[PDB]
Structures are given as C-alpha cells and as structure tokens.
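The following structure: diclofenac with transthyretin.
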Amino acid sequence: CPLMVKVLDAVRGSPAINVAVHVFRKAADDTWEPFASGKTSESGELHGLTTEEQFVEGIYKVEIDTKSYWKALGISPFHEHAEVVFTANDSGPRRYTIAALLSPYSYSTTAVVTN
Amino acid sequence: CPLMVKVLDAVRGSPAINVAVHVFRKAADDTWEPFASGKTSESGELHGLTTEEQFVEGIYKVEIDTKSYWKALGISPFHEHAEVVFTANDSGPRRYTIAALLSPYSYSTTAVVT
Amino acid sequence: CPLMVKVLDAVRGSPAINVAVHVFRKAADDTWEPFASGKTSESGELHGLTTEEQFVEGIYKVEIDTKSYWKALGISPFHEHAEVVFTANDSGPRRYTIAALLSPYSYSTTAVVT
Amino acid sequence: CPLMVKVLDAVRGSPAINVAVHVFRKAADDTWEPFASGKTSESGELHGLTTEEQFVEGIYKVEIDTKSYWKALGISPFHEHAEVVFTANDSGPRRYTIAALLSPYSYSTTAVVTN
Ligand SMILES: O=C(O)Cc1ccccc1Nc1c(Cl)cccc1Cl
C-alpha cells in the first residue's frame with residue numbers, strides 16, 4: 001500500500017467518511033488518465049488504491065470530492081473539490097500518505113513520505 | 001477587484017513573493033481556458049486579475065506555481081503546484097480573496113468571501 | 001502598529017468579527033501580565049494593540065477567545081480558546097501579524113513578520 | 001488510551017519525532033497542575049498518556065514543545081510552543097486525538113473526538 005489518503009472533518013472533529021477520491025496519472029500526451037478511485041472508510045481513510053508494481057514514477061493527481069461531502073451535510077462549500085498534484089517515485093519507490101483537513105471554505109493538505 | 005490572491009510562506013514567516021499564479025475558467029466544452037495570470041508582489045498579493053464585468057459566473061481554477069517558488073529557495077517541494085477550484089456564484093456584491101499558506105510538503109487554502 | 005491580529009472563519013468563509021483578543025507579556029516572575037486587549041473589527045482585524053515604544057523584547061501570549069465566538073453562532077467548539085506564544089525579537093524594523101483561521105474543532109495560526 | 005497526540009512536520013513531510021509534550025489539568029484554584037508528559041515516537045505519535053479512570057472531566061492543556069523541535073533542526077521557529085486547551089469528558093468519557101501540523105512560523109491543530 002504505497003498510496004494512502006486520510007480525510008478529516010474540521011467542523012465536526014471526526015474522520016470525513018464516504019468521501020469520493022479519484023486518482024489520475026499524467027499520460028504521455030499530458031492528459032490525466034484514471035488511475036484509481038474509492039471512498040474513505042469510517043476512519044476517514046482510503047487504502048488499497050494501488051500496488052507498488054503499478055505505482056510507477058510519474059505525476060499523479062489525487063482529487064477529493066469535498067463538494068459532495070459538504071452538501072450531504074447541508075453545508076454549501078466553497079471548493080468544487082480538493083486536488084493534490086505531485087511527482088511520485090522519481091527517486092525510487094516511496095510510501096505516500098496524503099492527508100486533508102476539510103472546512104467549508106478551507107482545506108489543508110499535507111504529505112507524509114516514507115521510504 | 002473581485003478576485004484577489006494572497007500567498008504566504010510558513011517556513012520564513014513572510015509573504016510569498018514573485019509566485020506565478022494562473023487563473024482559468026471552465027469553458028463550455030469542459031476545457032480550462034486561460035483567464036488571467038500574474039505574480040504575487042512584495043506583500044505576497046496579486047491584485048487586478050480581472051474586473052467585475054469579465055468575472056462572470058462559472059467554475060474557476062486558480063493555480064499557484066508553488067514548485068518554482070520552493071526550488072528558487074533551494075528546497076525540494078512535494079506538490080507540482082497548488083490548485084483552488086471553485087464556482088463563482090455572483091449573487092450579491094462579493095469580493096473573493098483566495099489565500100494560500102505554503103510549506104514544502106503542505107499547503108492550506110481558504111477563501112474569504114465578503 | 002508593530003502587532004496586528006487577523007482572525008478568519010473557515011466555516012462561513014468570512015472574517016471572524018467581534019472576537020475578543022487578550023495579549024499578555026511574561027513578567028520577571030514568570031507570570032502573564034495583561035498587556036493589551038480588544039475585539040476584531042468587521043474585517044476580522046485588530047489594530048492599535050500597542051506601540052513600538054511599549055512593545056519591547058519579551059515573551060508574549062496572544063489569546064483569542066474562540067469559544068465565545070462559536071457559541072454565538074450556535075456551534076459547540078472544541079477549544080477553550082486559541083493561544084499564540086512567541087518571543088518578540090526586536091532586531092530590525094519588524095511588524096508582527098498574527099493570523100488565525102478558525103473551525104469548530106480546528107484552528108491554524110501563522111505569523112507574518114515583515 | 002483516551003488521549004492521543006500526533007505531530008507532523010510540514011517542512012520535511014514526515015512525523016515530528018521526539019517532540020516533548022506536556023499535559024496539564026486545571027485545578028480547583030485555576031492553576032495548571034502537571035497531568036502527564038512524554039515524547040512523540042518515530043511515528044510522530046504519543047500514546048499511553050493517561051487512562052480512562054484518571055482522565056476525568058475538566059479543562060486540559062496540551063503543550064507541544066515546538067521550539068526545541070525546530071532548533072534541533074537548525075531552524076529558528078516563531079512560537080515558543082503550541083498549546084491546545086479544551087474541556088474534556090464533560091458529557092461522558094470520550095477518546096481524544098489531538099493532531100498538530102508544524103511549520104516554523106505556523107501550526108495547525110485539530111481534534112478528532114470519538115465516543
Ligand atoms: O489561507 C489559509 O488557509 C492560510 C492561513 C492559516 C492560518 C491563519 C490564516 C491563514 N490565511 C490568511 C492570511 Cl495569513 C491573511 C489574510 C487572509 C487569510 Cl485567509
């Protein structure tokens with residue numbers, strides 16, 4: 001499990017559950033091709049998105065559907081979604097934990113990269 | 001000045017100066033067309049990106065070239081850039097302030113709509 | 001105006017208005033003595049807390065009454081208040097801007113020293 | 001384990017290791033009495049600070065010695081430390097995860113409260 005996503009809710013002080021996450025990889029033609037997708041669990045985490053074999057060097061985009069999350073709670077959010085774009089494994093395989101803290105008009109995202 | 005961008009540096013505790021910012025608007029064909037661009041000033045701010053006449057309802061993407069900013073400081077950042085995608089509602093006098101706080105492996109962004 | 005405080009609301013995407021702010025300075029006996037206080041304005045800012053003459057080197061604590069702010073909006077917050085403790089160095093012309101972004105169960109604070 | 005602290009480093013994209021944490025409880029005389037202390041592990045986490053029996057209702061202060069952390073890395077930080085003050089268990093026992101993301105001139109803290 002080289003790619004993990006964790007989403008927290010800053011309004012309720014709880015994990016953000018059932019948040020849709022889509023991952024894309026930049027193709028040779030500068031196009032974003034679907035790579036993997038899923039929804040966060042009860043712990044606000046999403047595991048098993050890919051494997052070390054499939055997760056090759058490249059530029060990846062992790063899109064977190066924050067808008068749908070907030071609407072389901074009756075709150076009108078600012079962002080359409082949260083996007084995290086990064087180059088991965090360019091110097092060998094690494095483990096990536098992408099964390100996002102969500103608020104209706106703000107979000108913070110950090111990466112924890114393990115070797 | 002309905003749209004303003006402010007970028008701060010969390011490592012040095014200062015405005016993020018000369019950060020390239022590109023704004024795009026989603027076109028009818030779901031394509032991002034260039035809308036405006038510029039670089040943050042000494043105060044880490046970018047004003048005059050557009051006018052109220054030109055800034056119509058739609059989905060906009062504010063792209064902040066964070067990578068180039070960090071590389072210039074000798075720090076290898078994590079993100080390729082920071083992106084803020086939102087819908088400009090246009091329902092009453094509204095000024096949009098997009099703020100971003102930058103760290104090498106993290107960034108936070110908030111919108112101040114007044 | 002060497003010390004300024006800015007408070008934003010991450011839930012409503014607006015400045016945090018009328019937030020009580022208390023500033024303390026650590027005394028010789030390791031006690032926090034009141035230094036200045038006020039409430040954020042409509043722009044979520046608090047200016048004129050002190051002067052360069054009065055703002056000498058020392059350890060300061062900026063306390064933001066976040067609890068009262070959230071309760072007034074009908075939201076039960078997590079924190080009793082937000083505290084920012086720092087050392088004013090006083091080594092060259094320096095203006096201190098203490099910014100805080102508030103959410104019911106979270107807050108972020110950054111210092112912009114220019 | 002009703003009280004957990006997790007600290008991340010936003011500059012290096014890694015857990016903040018060996019960060020000293022001191023917890024205090026407000027006494028009857030409005031004084032902060034030492035409650036527990038420890039240092040974050042390799043995963044940037046601090047467990048076993050207290051037990052459900054000892055962690056009674058009250059106002060607690062979690063102090064994270066961020067200054068010492070940054071100085072050890074050769075960076076001059078802004079804050080003397082990060083403090084998180086909250087009322088705990090006022091409506092029954094809860095599990096509290098106090099998370100902090102650190103940068104030299106900024107820090108963010110969130111609480112995840114479980115029942
Ligand atoms: O915008 C963000 O998310 C970064 C951040 C973090 C903590 C405290 C304040 C801020 N942002 C900020 C600042 Cl530094 C100035 C003016 C307006 C805003 Cl929204």
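Lettering of chains follows the sequences in order, A, B, ..., and the numbering in each one begins at 1. The figures that follow rest on heavy atoms only: side chains count, while hydrogens, waters and symmetry mates do not. Each ligand, and each atom within it, is numbered from 1 in the order the structure gives. Recorded method is X-ray crystallography, 2.0 Å.
All instances of diclofenac together account for ligand 1. Residues touching diclofenac within 4.0 Å, heavy atoms only: A:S106, B:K6, B:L8, B:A99, B:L101, B:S108, B:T109, B:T110, B:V112, C:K6, C:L8, C:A99, C:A100, C:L101, C:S108, C:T109, C:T110.
Checked against a 3.5 angstrom limit, the closest N/O atoms of B:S108 and diclofenac fall inside it. With ligand atoms numbered from 1 in the order given, diclofenac contributes 14 (Cl) to contacts under 4.0 Å with heavy atoms of B:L8.
Close contacts between diclofenac and B:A99 involve ligand atoms 1 (O), 18 (C), 19 (Cl) [criterion: under 4.0 Å to a heavy atom]. Listed by atom number, the atoms of diclofenac under 4.0 Å from B:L101 heavy atoms are 4 (C), 6 (C). Short contacts between diclofenac and B:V112, defined as distances under 4.0 Å to a heavy atom of the residue, involve ligand atoms 19 (Cl). Of the protein's non-hydrogen atoms, B:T110 CG2, 2.9 Å is the one closest to atom 1 (O) of diclofenac. Proximity by heavy atom, under 4.0 Å to diclofenac, holds for these of the UniProt L-thyroxine-binding residues in chain B: B:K6, B:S108.
In summary, the atoms of diclofenac found under 4.0 Å from a heavy atom of C:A100, numbered by their order in the structure, are 8 (C). When distances from atom 10 (C) of diclofenac to the protein are checked, no heavy atom turns up under 4.0 Å.
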